[PDB]
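We number chain A the same way the PDB entry does; the residues here are 4-125, 127-261, in that order. Per the header of the entry, the method used was X-ray crystallography, 1.1 Å. Read the numbers this way: they start at 1 and go in the same order the structure lists the ligands and their atoms. Values below: every heavy atom of this structure, side chains too, minus hydrogens, waters and symmetry copies.
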Amino acid sequence: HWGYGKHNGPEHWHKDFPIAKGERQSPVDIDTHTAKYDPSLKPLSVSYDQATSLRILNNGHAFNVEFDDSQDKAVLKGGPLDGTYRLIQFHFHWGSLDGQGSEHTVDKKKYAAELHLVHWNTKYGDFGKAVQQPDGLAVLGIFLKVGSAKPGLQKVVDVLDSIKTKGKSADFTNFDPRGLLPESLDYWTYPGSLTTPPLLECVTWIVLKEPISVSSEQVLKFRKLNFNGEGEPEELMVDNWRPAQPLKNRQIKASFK
Ligand SMILES: CC(=O)Nc1nnc(S(N)(=O)=O)s1
Ligand SMILES: CC(=O)Nc1nnc(S(N)(=O)=O)s1
Ligand SMILES: CC(=O)Nc1nnc(S(N)(=O)=O)s1
Ligand SMILES: [Zn+2]
């Protein structure tokens, strides 16, 4: 029964998930001046041309756009990664206000939201096995700032009315996640964790430097979602972000100067 409220939010999670206090937790603050340029980091290879979206689900914590990950259709390779990582889902974290919502921060700056494209290492066969491995997942994180609309986001925005409450899903086929990416694939990378329980330390984080712009109306629609199920008192789905965790014995690497 974890969540984002005063009595079950991030400061409480450690009681049920003691790895919350572990050595490689996420998110973190990205101190841009202390990140180390690593010229041997390769360009990211984002291969989403054959991506097959299936469904969108309100899980009571966020909404997930799910993909067919039973073949190498949408994969992430390159960068800091060895091998092939299949896209399973994407989701966002966002705030009640435009000045908060991201999980990662950049020189302590918070963005209005953060997109997470979640991928798992095919050598482990399935996501459940991958999350038990230190190199099991690769999450591509993209910041959202409020300004001009993101045309490639609007099909997601438009369906949210149909998944207002926890447990609701809708068909969501033929969505092209390439429409969510910024122009540049410059990134920061570090070893971390899932940012929600069970907080497993299985993630290679790849956080893009360049934010995408979304409109105020687009993020306002995110904020009309509900944490609660249908027929329960309304709890707006806002502030579903974990704050930055201690970096501990990690160095953030940059792909760019
Ligand atoms: C009633 C209640 O608080 N149940 C909880 N279950 N897990 C929680 S936690 N520590 O993961 O936030 S709180
Ligand atoms: C199925 C799945 O992807 N679960 C996740 N839990 N937390 C995640 S995050 N915020 O670290 O990307 S992904
Ligand atoms: C075009 C471009 O790169 N814009 C940026 N805005 N902020 C940046 S950040 N995350 O490095 O602070 S990069
Ligand atoms: Zn996330």
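- Bound to ligand 3 with the most contacts here is the chain that UniProt lists as Carbonic anhydrase 2.
- Drug identified at ligand 3: acetazolamide.
- The heavy-atom binding site of acetazolamide (ligand 3) at 4.0 Å consists of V109, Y114, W192, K213, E214, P215.
- Closest to atom 8 (C) of acetazolamide (ligand 3), if we only count protein heavy atoms, is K213 O, 3.5 Å.
- For atom 4 (N) of acetazolamide (ligand 3), the nearest protein heavy atom (residue, atom name, distance) is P215 CD, 4.0 Å.
- Proximity by heavy atom, under 4.0 Å to acetazolamide (ligand 3), holds for none of the UniProt Zn(2+)-binding residues in chain A.
- By UniProt annotation, the domain of chain A with most residues touching acetazolamide (ligand 3) is Alpha-carbonic anhydrase.
- Residue contacts with acetazolamide (ligand 3): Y114 is placed with a nitrogen or oxygen under 3.5 Å of a nitrogen or oxygen of the ligand (distance criterion only).
- Result for chain A and acetazolamide (ligand 3): the nearest UniProt active-site residue and heavy-atom distance (1 Å) are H64, 23 Å.
- Here the heavy atom of the protein found nearest to atom 2 (C) of acetazolamide (ligand 3) is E214 CG, 3.8 Å.
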